[PDB]
> 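I'm staring at hydroxyflutamide bound to Androgen receptor and have questions.
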Amino acid sequence: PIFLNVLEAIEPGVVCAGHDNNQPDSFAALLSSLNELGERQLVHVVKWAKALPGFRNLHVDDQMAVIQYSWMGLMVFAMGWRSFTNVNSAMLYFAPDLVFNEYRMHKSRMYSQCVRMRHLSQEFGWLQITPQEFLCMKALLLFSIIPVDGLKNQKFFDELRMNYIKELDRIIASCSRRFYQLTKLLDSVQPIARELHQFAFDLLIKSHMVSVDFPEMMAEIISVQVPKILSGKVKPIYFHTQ
Amino acid sequence: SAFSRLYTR
Ligand SMILES: CC(C)(O)C(=O)Nc1ccc([N+](=O)[O-])c(C(F)(F)F)c1
């Protein structure tokens, strides 16, 4: 199983936030930790993406673009899986040192997004998602959001996306019913990532007022790339309508 | 960009 062998081999390990859990919770400290964790997860997403089958065939500017646009959905989907595997979806397992109960969900001012992520986590159980389906679906999320004006080499992106869809068909192979379930789940990531992008953007704009720290790469991506998504210049590729 | 500097390492 060459393709799956590779996906298993490149899967990131454990990433910690560096949060101080030995202190009462506050909005500013929770969000400063989420921002630091997002920067550390982005570094791991870069190392992972560069090692994916075929990814180096894309134009380098397209490699960078798709990682920056898809990062939030990749992170949502991986966190939903960790939450399912580690705590049976009872809390959101952002990191081993950043685990959100409902109180923290509320305190973060991201409560609606968190409830939707907990529901995603539960779906992993409800739909009996296998670890191999998880790995193939997460890779496909890298190839699921692009600019309306086109990538530099759009044809090479389309071919690589199609090949990942073929690998998902091979893992499924009753096949249609499963494809329907998995593509509905994939499509459900996108509105959650949309709402997290909106929150992140608004928080960056008011960050000095609320004492939240953003690392350099997070501030750049949220100010340069995220607004292309919010302004409708970069859009998800949905399976179902939508 | 900070991202592109990271990527091109
Ligand atoms: C607020 C913002 C930009 O820090 C943020 O959404 N951070 C963040 C960090 C990590 C993770 N994660 O997957 O572990 C996620 C999320 F994808 F779950 F939502 C968000």
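Within every chain, numbering begins at 1; the chains are lettered A, B, ... in the order of the sequence lines, protein sequences first and strands thereafter. We use all heavy atoms of the structure for the numbers below, so side chains are in, but hydrogens, waters and symmetry mates are not. Both counts, for ligands and for their atoms, begin at 1 and track the order of listing.
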> Provide the letters of the other chains having heavy-atom distances to hydroxyflutamide under 4.0 Å.
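Chains with a heavy atom that close: A.
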> What residues contact hydroxyflutamide if the heavy-atom distance limit is 4.0 Å?
A:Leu31, A:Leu34, A:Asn35, A:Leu37, A:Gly38, A:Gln41, A:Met72, A:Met75, A:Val76, A:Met79, A:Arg82, A:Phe94, A:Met117, A:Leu196, A:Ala200
> Can you report which non-hydrogen protein atom sits closest to atom 13 (O) of hydroxyflutamide, along with the distance?
A:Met75 O, 2.8 Å
> Identify, for atom 1 (C) of hydroxyflutamide, the protein heavy atom at the shortest distance, and state residue, atom and that distance.
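Here the nearest protein heavy atom works out to A:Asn35 OD1, 3.6 Å.
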> Return the residue, atom name and 0.1 Å-rounded distance of the protein heavy atom closest to atom 17 (F) of hydroxyflutamide.
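In this structure, atom 17 (F) of hydroxyflutamide has A:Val76 N, 3.0 Å as its nearest protein heavy atom.
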> Considering only non-hydrogen protein atoms, determine which one is nearest to atom 6 (O) of hydroxyflutamide and report residue, atom name and distance to 0.1 Å.
A:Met72 CE, 3.6 Å
> Hey, which UniProt domain of chain A has most of the residues touching hydroxyflutamide?
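The answer is UniProt domain NR LBD.
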> Can you report which non-hydrogen protein atom sits closest to atom 9 (C) of hydroxyflutamide, along with the distance?
A:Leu34 O, 3.4 Å
> For A:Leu37 and hydroxyflutamide, does the shortest N/O to N/O distance drop below 3.5 Å?
no
> Which of the numbered atoms in hydroxyflutamide are below 4.0 angstrom from a heavy atom of A:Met117?
18 (F), 19 (F)
> So which heavy atom in the protein is nearest atom 11 (C) of hydroxyflutamide, and how far is it from that ligand atom?
A:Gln41 NE2, 3.6 Å
> Considering only the protein, which heavy-atom contact is closest to atom 19 (F) of hydroxyflutamide, and what is its distance?
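For this ligand atom, the closest protein heavy atom is A:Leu196 CD1, 3.4 Å.
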> Got the closest protein heavy atom to atom 16 (C) of hydroxyflutamide, with its distance?
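Looking only at protein heavy atoms, the one closest to atom 16 (C) of hydroxyflutamide is A:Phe94 CE2, 4.0 Å.
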